[PDB]
J.: 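Our group is looking at a structure that contains hydroxyflutamide; some questions.
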Amino acid sequence: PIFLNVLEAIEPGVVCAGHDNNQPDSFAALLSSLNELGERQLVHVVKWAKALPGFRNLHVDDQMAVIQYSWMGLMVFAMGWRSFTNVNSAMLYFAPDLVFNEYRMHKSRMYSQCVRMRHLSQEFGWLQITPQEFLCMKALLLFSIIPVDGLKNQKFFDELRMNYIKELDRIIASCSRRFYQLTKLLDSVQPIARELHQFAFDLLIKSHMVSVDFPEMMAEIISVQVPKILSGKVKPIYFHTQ
Ligand SMILES: CC(C)(O)C(=O)Nc1ccc([N+](=O)[O-])c(C(F)(F)F)c1
């Protein structure tokens, strides 16, 4: 299990949001901590990414690019998994110190979005998703969204991505049935991340006017990279269209 050793080895540990659970909830309190968390998880995603088989093989610009476009969806998927495994999909386990109940779901003004994420969480359960299958899947999510014009080295990227599908397929092996389900589940992540993108973006735009704080690294990705996703420039790669 060489490849599976790696994915296991490199999987991020616990990441806290820094939130104050003793102070009553608040739109700005909540979304300030989520933003905070976004930042930290982003840092973790970068270090994880750069330890993937094949990854540092990409043009350094393709690296920053793929990390920045895939970031939200990667966070969404892992958050779904944690939610599934730590609290039976009942609530959303953003972090140890930031767990969303219905109340926070509403109060963060992210109710509809929290609903889809919560549903994705339940899918892990419904589909009896193994932790091994969760790792390959997540790994594959990093190769899921690119500029329509392609990347600086697009060929190396497709060979990479090809190899990751192959690895998902081995980790499965009507195995045809199993793959279909897992690929449909992977496709489902993009609509949620797109919804999350819209919300983050709108939030940025109005943020000095509401009291939410955006870490510098966040605000750059939301203002520079996210609009390309929202404008159709950077599109997701789907298994089944759509
Ligand atoms: C930009 C916005 C408010 O920060 C945001 O979506 N934050 C955020 C932080 C962490 C996590 N997480 O995966 O644990 C997520 C989300 F993936 F759940 F959406 C969003």
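For the single chain, residues carry numbers from 1 onward in sequence order. Determined via X-ray crystallography, 3.0 Å. Atoms within each ligand, like the ligands themselves, are counted from 1 in listed order.
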J.: Of all chains in the model, which has more heavy-atom pairs under 4.5 Å to hydroxyflutamide than the rest, named as the PDB entry has it?
T.: Androgen receptor
J.: Which UniProt domain would you name for the part of chain A holding most residues in contact with hydroxyflutamide?
T.: NR LBD
J.: Help me out: which organism is listed for chain A in the entry?
T.: Homo sapiens
J.: Which chain positions lie within 4.0 Å of hydroxyflutamide by heavy-atom distance?
T.: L31, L34, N35, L37, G38, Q41, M72, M75, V76, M79, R82, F94, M117, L196, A200
